[PDB]
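Looking at a structure with L-thyroxine today.
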Amino acid sequence: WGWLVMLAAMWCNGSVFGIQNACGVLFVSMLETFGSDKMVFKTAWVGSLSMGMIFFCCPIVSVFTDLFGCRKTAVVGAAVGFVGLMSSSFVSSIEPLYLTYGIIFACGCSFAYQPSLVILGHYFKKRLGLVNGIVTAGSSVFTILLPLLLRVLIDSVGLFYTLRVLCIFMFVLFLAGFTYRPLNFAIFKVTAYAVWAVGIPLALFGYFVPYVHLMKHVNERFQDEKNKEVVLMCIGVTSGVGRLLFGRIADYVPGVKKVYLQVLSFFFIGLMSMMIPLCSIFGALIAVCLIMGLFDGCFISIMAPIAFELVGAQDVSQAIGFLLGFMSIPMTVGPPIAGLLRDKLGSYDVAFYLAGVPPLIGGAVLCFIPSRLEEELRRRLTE
Ligand SMILES: N[C@@H](Cc1cc(I)c(Oc2cc(I)c(O)c(I)c2)c(I)c1)C(=O)O
């Protein structure tokens, strides 16, 4: 088995999130097929539910995996994902899609992906973090490359065939799953965690809007767009390097003392989102995309260490579970509201601005977290 555990974990992490991020390239043609009324409002749910259900289901998997074992639940996740992707075929209306794609597919994907971490632990009972960086660099490949394959694949055979063929990834995941073989509400009393856990979800209330609506905002330059997929590929091409660099950066002395760089990340990503609906020359959009992706990777990379910095090591699991439970909502509610925001009398021009407000509030809230304080001074002032 050996290193193949990490090798297959790479494939799993790529397979799930590459699709979840290429969702837009599906959406652009899914809207066209079996098209209308008020379609843009309904369709967004197809990807919104898919992205929300993974986070909603991740915490509960911590009971299933511990109940059945590490080897299981990965086979089951892969099989359920394959069943859902296949069932997405033979659908003559958009209504069943919410159930075939989304609910079923993500309820499979979360089961497939969650146990990967528990077995990356014990990879070699050492050298954690470096393995995670390797896996991130690997999944960067699938995030970068998949949009190119799907874009050319769609025109040859329609959406139905595309989803019926994407089952190859789930099948390979199912086969690789055989490698795995091993060989609570009291948290809120901590004020720092209480503030942070509300700050982050309030910050991400527009994070997933671009990943869904950017490919449809494109075609504003209907003629000059000799190539579209690059504009979405260059988000991941920068996210990979950003995560890789910030993994190294996090622990270095000049900035490891107490990290609040997530405030900077939110500020920059919000500003760049506020920049999209204005730039006209093509290259400016790619520059904005790179600026977005770099900090998008940085913020996600820096998250986990803050978890055990704020709270003891024992409660990190519960902390992450609650955090993902809260995070389930904003990504489900974002894209639909963003689409509808001016689906009457306008375009995304008026919708991308308001997608940029929540990040600033989130950054302020996170910057409003106390520290460097202890109660030994309580004798002096308030008593
Ligand atoms: N849109 C992103 C997808 C993505 C979102 C989040 I939020 C995230 O952060 C975590 C951290 C831990 I730790 C988890 O167990 C989980 I599940 C998600 C990661 I990694 C990836 C992209 O472009 O790839």
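Per the PDB entry, chain A residues shown: 69-104, 108-254, 284-483, in order. As the structure lists them, so they are numbered: ligands from 1, and atoms in each ligand from 1.
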query: If I want every copy of L-thyroxine, which ligands or chains do I look at?
result: ligand 1
message: Mind checking which chain L-thyroxine (ligand 1) touches most? I'd like its name from the PDB entry.
response: Monocarboxylate transporter 10
UniProt TM segment numbers of chain A, heavy atom under 4.0 Å from L-thyroxine (ligand 1): 1, 2, 7, 8, 10, 11
